[PDB]
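Transporter, liganded with paroxetine.
In what follows, residues are counted from 1 in the order of the sequence shown. Below, all heavy atoms of this structure are taken into account, side chains as well, without hydrogens, waters or symmetry copies. Atoms within a ligand are numbered from 1 in the order they appear, just like the ligands themselves.
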Amino acid sequence: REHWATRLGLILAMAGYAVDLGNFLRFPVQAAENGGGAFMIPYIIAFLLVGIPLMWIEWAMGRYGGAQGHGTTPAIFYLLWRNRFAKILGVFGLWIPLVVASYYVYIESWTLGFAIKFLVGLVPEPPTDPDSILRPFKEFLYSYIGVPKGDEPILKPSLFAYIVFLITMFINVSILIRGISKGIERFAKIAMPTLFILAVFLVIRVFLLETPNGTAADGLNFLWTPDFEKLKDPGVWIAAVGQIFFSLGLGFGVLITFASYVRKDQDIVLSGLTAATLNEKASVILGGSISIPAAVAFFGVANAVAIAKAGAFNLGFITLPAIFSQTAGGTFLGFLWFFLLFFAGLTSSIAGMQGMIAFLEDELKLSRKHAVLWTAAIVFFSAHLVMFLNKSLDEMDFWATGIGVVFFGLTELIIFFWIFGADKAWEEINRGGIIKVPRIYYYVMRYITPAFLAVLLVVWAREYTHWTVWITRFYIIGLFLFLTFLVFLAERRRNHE
Ligand SMILES: Fc1ccc([C@@H]2CCNC[C@H]2COc2ccc3c(c2)OCO3)cc1
Ligand code: NA
Ligand code: NA
């Protein structure tokens, strides 16, 4: 079985997964809409009571399963809980990242395409007024995606967009086919430093932006000036718990897969805490210093609220590209921005596709080449639904991350810390640990963490159709059936040998 070569490589690979577009787009918009600097109060709380405890647990389950040659939850859940229902629940940890894969790598290709378009100058050049600058780029994105101009729910992606998606798929395979250390880990050691440099250069250049409408200081001001009156709102405390779950990539089964390549007695306590901390520093320092400040700098603090409400997606793919066409040397600026997002996405996507590669290797005994190619085949095939059927993406993302990760997140806790045994679980986490987990976390993991998660489930249920969503529901239901069949074939192949 493969292992991580260096402790640094392991941390950078784990961080590479956590850090993505959300760090530079989603988190800054979440903060502005939920109290500005005051949003850090429930965010740090959520980080301590939910994020950190669960990540350690997934790291432990990963290393525990990896010692016995299993990197995926269908096999690991069965080791923690000798039951048939444990194998079936495990299918979800194979299903969720695979559902995400169908739209994630595609959106990832958008950044690459946009980076190429910016570098070679194939971008709009307005013209005055805000809508006179934004609309030419609003149409640039819609022509790239193929946003329906009629009543039909049909997307018609450009040939360029489709080809870049092909190229993006290829790049992912290239890294994945070289394995864990010589592939994922090797790339982690290049991308993360490259990422940091790209970010810092943008942070510096954004801080020098000055327009008749405002400055970069106005951006950092609007974003971080606290509004504690919003702390009364339970929705803010829910968004904080949700964002942390989103930020670290919990409940995807990815961390478990990666942790399985950590050797039996190697540290996971300090290693996990370090990687988690990098992701957070990236969000508050790098992520919060670029997108929102640059936007507020150009349009003024008067439109700062309007900008935040327009969402993280509009900000990154419409607003900032418009601003770049109006700034000095913006054409190279746009390339760096989208190059930055691409590498951030590429280090997450190769991790999310590893779980399927691991299953095909560990349980069906396929070669790494075959495992990678068939995984790529499944993801590439599935993506045509996301590329051509409008709002299919929303439907996949809703089941997969809206409730799926949290439900699966709660499933991990109960299976590992309650069914497998809290005492056995606790010894598993701290074993080989450079530092020991604070004893107070024993109660947090066992009661506080699953309670917070269970609350998130209940609010989802109480809170929550055009016929085309049934197409997406049809297929993702089919995937779960197909993966169930593979798990079935796995346990049958094992009885023979
Ligand atoms: F809707 C969303 C929820 C959570 C997130 C996470 C946020 C932190 N960084 C990791 C993100 C998930 O990344 C993935 C996961 C599986 C994948 C993948 C990429 O490509 C193929 O299979 C992104 C989007
Ligand atoms: Na993140
Ligand atoms: Na990434």
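In the structure shown, the parts corresponding to paroxetine are ligand 1. The shell of residues around paroxetine (heavy atoms under 4.0 Å) is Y17, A18, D20, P97, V100, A101, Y103, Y104, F246, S247, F252, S348, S349, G352, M353, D397, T401. Taking 4.0 Å as the limit, the other ligands and ions near paroxetine are ligand 2 (sodium ion). According to the entry, the source organism of chain A is Aquifex aeolicus.
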